[PDB]
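Opening notes on decamethonium bound to acetylcholinesterase.
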Protein chains: 2
Amino acid sequence: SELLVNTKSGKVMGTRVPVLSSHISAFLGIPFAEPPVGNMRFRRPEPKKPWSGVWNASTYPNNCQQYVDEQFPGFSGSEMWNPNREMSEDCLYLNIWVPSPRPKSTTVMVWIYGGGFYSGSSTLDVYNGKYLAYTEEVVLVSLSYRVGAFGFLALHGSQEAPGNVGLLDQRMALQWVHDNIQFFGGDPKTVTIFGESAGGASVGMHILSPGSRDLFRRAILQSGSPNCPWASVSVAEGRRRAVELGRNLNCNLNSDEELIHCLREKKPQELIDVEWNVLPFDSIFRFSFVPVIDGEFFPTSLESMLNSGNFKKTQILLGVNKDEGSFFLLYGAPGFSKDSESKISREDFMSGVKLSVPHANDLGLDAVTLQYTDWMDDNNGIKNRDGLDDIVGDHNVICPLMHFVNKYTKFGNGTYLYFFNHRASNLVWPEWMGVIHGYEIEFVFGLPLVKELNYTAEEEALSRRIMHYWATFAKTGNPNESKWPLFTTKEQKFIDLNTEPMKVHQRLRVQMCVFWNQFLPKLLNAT
Amino acid sequence: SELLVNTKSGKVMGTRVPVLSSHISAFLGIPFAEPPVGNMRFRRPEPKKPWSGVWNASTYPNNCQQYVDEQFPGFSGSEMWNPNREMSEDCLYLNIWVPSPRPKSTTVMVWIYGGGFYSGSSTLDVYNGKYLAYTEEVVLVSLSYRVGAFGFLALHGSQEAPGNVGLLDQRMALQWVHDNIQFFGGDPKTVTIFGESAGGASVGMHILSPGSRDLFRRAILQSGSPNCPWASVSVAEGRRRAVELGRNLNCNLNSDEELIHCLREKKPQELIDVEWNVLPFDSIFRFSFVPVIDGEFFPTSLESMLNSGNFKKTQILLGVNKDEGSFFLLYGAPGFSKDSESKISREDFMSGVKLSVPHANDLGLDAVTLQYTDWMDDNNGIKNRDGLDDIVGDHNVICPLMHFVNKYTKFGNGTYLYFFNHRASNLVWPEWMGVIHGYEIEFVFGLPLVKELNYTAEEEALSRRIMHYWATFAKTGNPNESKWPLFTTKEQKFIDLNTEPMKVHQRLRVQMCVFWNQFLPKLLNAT
Ligand SMILES: C[N+](C)(C)CCCCCCCCCC[N+](C)(C)C
Ligand SMILES: C[N+](C)(C)CCCCCCCCCC[N+](C)(C)C
């Protein structure tokens with residue numbers, strides 16, 4: 001009946017969820033792989049054997065085991081993104097929000113959430129799919145994927161904990177969407193995978209892996225590229241980090257199989273607890289367990305792939321927002337504090353840049369400084385603050401994205417790039433942080449439609465323009481039905497996406513992105 | 001009588017020269033050393049044995065042998081600075097312009113002319129001392145010094161052609177000024193040596209050499225520092241260049257004494273002719289025979305001296321003008337032409353920067369480009385033009401000067417720094433060149449007082465403000481009798497010197513001078 005569909009796995013009973021002045025049918029919690037518990041820890045996802053009877057998809061699923069942030073307890077700003085259902089190793093499920101009436105076959109959008117590859121959840125409130133589904137008539141599915149040690153440990157030649165198992169969890173959720181979205185009214189021939197931060201970086205990874213390209217149509221990447229420094233380690237480094245974690249649990253490190261066993265016997269939180277004492281340096285915006293470029297999955301280095309066009313060739317929509325840096329600076333660079341108007345000193349500035357470009361040599365730090373300091377007022381505390389805010393942002397999201405944009409527009413079927421720079425009116429974070437990495441999401445998912453949560457009317461509107469551009473891109477292959485230009489390697493146009501009449505501009509962070517994407521590398525290459 | 005003074009060398013008969021509505025006494029051509037002809041070529045200056053009878057100092061002296069510029073014949077812009085009396089190896093003389101009435105004892109200013117150490121003359125019309133002497137009542141002496149191969153050849157251990165003989169010619173003219181200016185009304189206890197380009201760079205050299213410090217009071221350096229890349233070679237390089245020149249004359253290069261002999265037998269123009277085929281690279285703003293840092297004269301590297309305060313400690317007045325680069329670019333960088341509005345291409349730009357930073361490695365050129373290009377419009381022909389104009393200027397005069405300013409203000413008795421940026425109204429050079437290296441001189445020497453040569457009234461005035469600041473500094477030790485701040489290593493003030501109400505500003509070319517004076521060196525040091 002409307003809330004009871006039959007899929008190749010079995011029947012599933014969903015629910016009606018109100019949305020604005022109406023309803024939608026929601027199927028929360030459909031399983032798609034087997035609970036990777038115990039022995040299966042660190043193994044690739046197995047597909048979920050089909051069921052009898054009707055499965056009750058009316059409750060969001062457990063969240064995955066992950067790091068919970070207690071830096072600013074109760075503060076909604078932090079809590080927003082913390083997991084909200086009990087964490088469980090068993091956590092591989094989907095959530096689908098369909099219209100009522102169930103459409104015949106409509107556009108589908110799959111949201112891969114981000115969170116540095118160490119956290120994240122489907123069930124967050126800011127990832128509530130009902131508003132988008134409802135307003136644009138699309139089906140929306142959110143997926144879960146294993147994050148962290150559990151999702152990205154990577155003892156290379158050991159089939160017991162090869163890398164990227166969490167990446168495959170994404171791919172398996174994509175396949176089930178393919179094979180069964182049809183019974184939900186969706187059109188498998190037009191599914192768009194979207195995602196922010198590590199989700200937007202996972203999205204591009206699937207555009208590059210041979211095996212995933214076929215499972216989706218087009219993609220939308222938000223503040224992420226597969227090539228962002230923090231999203232990938234070499235094989236070696238992944239080994240390196242798993243003996244190091246091996247040591248923080250006092251595991252047997254002889255027989256590699258024993259490493260795997262030892263960890264497979266520790267309880268989840270132990271691993272969560274020592275999860276960060278394994279990184280190799282003092283660094284801000286750098287995470288411990290991430291995708292390894294293993295050869296399988298990613299045939300070869302992403303630079304080669306990018307360089308040769310070896311990747312899916314659809315059109316994409318991607319963008320960056322004004323203050324990417326802030327969050328990391330706040331939570332990790334000395335001098336910054338929520339509550340202060342964090343004017344940095346030149347002392348803490350030079351401390352700051354080291355945390356930001358952790359791999360740079362001294363000469364390299366010199367180059368960075370020279371680029372980001374205002375010599376004409378070399379200690380203006382606030383300028384020092386904002387300058388680090390750009391050093392982290394540029395180096396960690398804007399520049400790697402403009403790289404991917406630039407390489408992929410030579411072989412893809414169209415690129416739409418946005419620059420978001422609106423500060424929501426009801427943000428709880430301090431003004432200095434600006435347009436934080438993460439705050440565009442709430443607009444994309446329609447929370448400014450809910451009156452109860454106090455946004456301003458122009459934000460309601462900005463949220464509608466966005467959701468439209470998004471859904472309209474998700475089918476048409478293009479975002480406008482004024483015209484948002486295509487990005488092109490000549491006069492590289494993009495638009496600002498805010499509450500004022502969109503304006504096309506050209507060459508995003510060009511001067512700085514030359515430094516980061518070309519200069520620095522060549523300098524660190526020499527010496 | 002007024003035109004016939006008696007000096008420790010003998011008597012000298014000068015002349016009355018009109019100046020404005022009056023006269024002055026002029027003593028042109030007094031000898032101060034022995035004509036360094038033939039056998040004495042390349043030897044140190046001998047002092048001039050005294051004479052009997054009265055010497056007739058009423059005619060300017062011969063000019064020194066040197067390179068004459070025929071790039072734009074007849075064009076006054078070029079011709080201005082070309083030698084105007086027959087060139088002669090015999091060319092060591094002074095010119096003194098005294099008031100009428102002869103003062104008892106007044107301030108003295110000695111003008112050491114510049115010209116890249118390969119050219120220059122006392123007798124130029126733009127170096128006519130009468131207007132300054134007249135208006136400010138100072139005695140003004142101009143000196144000649146041997147330039148070029150003849151002045152700076154440098155077969156290190158050979159007393160027959162040790163280096164810097166031309167530098168010593170300056171010093172000997174300083175001594176005679178010391179010992180005899182008194183009979184001309186000047187006060188030996190208050191002589192200021194001033195000079196532009198290589199003169200302003202020679203001036204600072206004397207502030208550093210042990211032996212010259214005592215011969216003058218204070219100094220004024222215009223577009224020059226002793227430490228400008230082009231003003232000094234190592235001992236080695238000076239050797240290197242003299243065998244190379246040895247070869248262009250097909251000299252015997254075995255016995256070093258034979259090298260010296262061979263050259264001592266070639267006629268002057270042969271040496272002038274091959275004078276440039278000895279430099280070691282393709283470069284703009286770099287000259288062949290220059291001061292060697294030989295240990296004697298300059299005890300040690302100038303960086304040490306600067307670094308330790310080992311130098312005379314008076315107050316100085318120095319400055320730079322807006323478009324230093326232009327002249328060299330015009331005469332030596334591809335794309336530029338008098339007559340064109342020289343918009344450069346990115347092709348000729350990258351050719352340009354190589355000529356400008358001839359010692360840089362590729363990475364280094366990369367660094368320069370990154371700093372001087374507008375990535376947001378990376379091929380705007382005019383921006384490429386002006387950007388090279390700053391690369392040459394900064395690297396060759398502004399930055400080395402701000403270095404010397406900064407080091408010397410920690411131990412000197414006061415520093416007054418100006419930035420000249422007025423375009424004379426009657427300049428003959430094309431507008432693109434702007435405030436050319438060299439054009440402030442005409443203001444300092446009072447040519448805007450002469451109506452016949454068409455300047456505008458505000459320029460007349462600017463010329464008077466200047467001549468005053470200059471003479472007033474030459475006695476007082478300070479330029480103003482509104483107040484032009486002292487330069488200080490904190491809020492490094494300077495003023496613009498132009499036809500509008502002078503404004504103090506701070507930190508001249510600070511962002512760029514960090515790159516050149518600190519960044520680059522460290523990068524070229526690593527690799
Ligand atoms: C990306 N979204 C917007 C979805 C969530 C980001 C939440 C704050 C991000 C910075 C904190 C990094 C913390 C790492 N530790 C706690 C280990 C310092
Ligand atoms: C400095 N002052 C203003 C006094 C005279 C400079 C005259 C033009 C300077 C640039 C030409 C360099 C030429 C070198 N060669 C001819 C060898 C290319």
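The chains referred to below are lettered A, B, ... by the order of the sequence lines, with proteins before strands, and numbering in each begins at 1. Order of listing sets the numbers, starting from 1, for every ligand and every atom in it. Only this structure's heavy atoms are used, side chains among them; waters, hydrogens and symmetry mates stay out. For this deposited structure, the header notes the method as X-ray crystallography, 2.8 Å.
Decamethonium, all copies counted: located at ligands 1 and 2. The chains other than those of the drug that have a heavy atom under 4.0 Å from decamethonium (ligand 1) are A. Using UniProt active-site annotations for chain A, the residue nearest to decamethonium (ligand 1) and its heavy-atom distance (rounded to 1 Å) are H437(A), 3 Å. For decamethonium (ligand 1), the heavy-atom contacts closer than 4.0 Å come from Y67(A), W81(A), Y118(A), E196(A), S197(A), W276(A), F327(A), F328(A), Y331(A), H437(A), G438(A).
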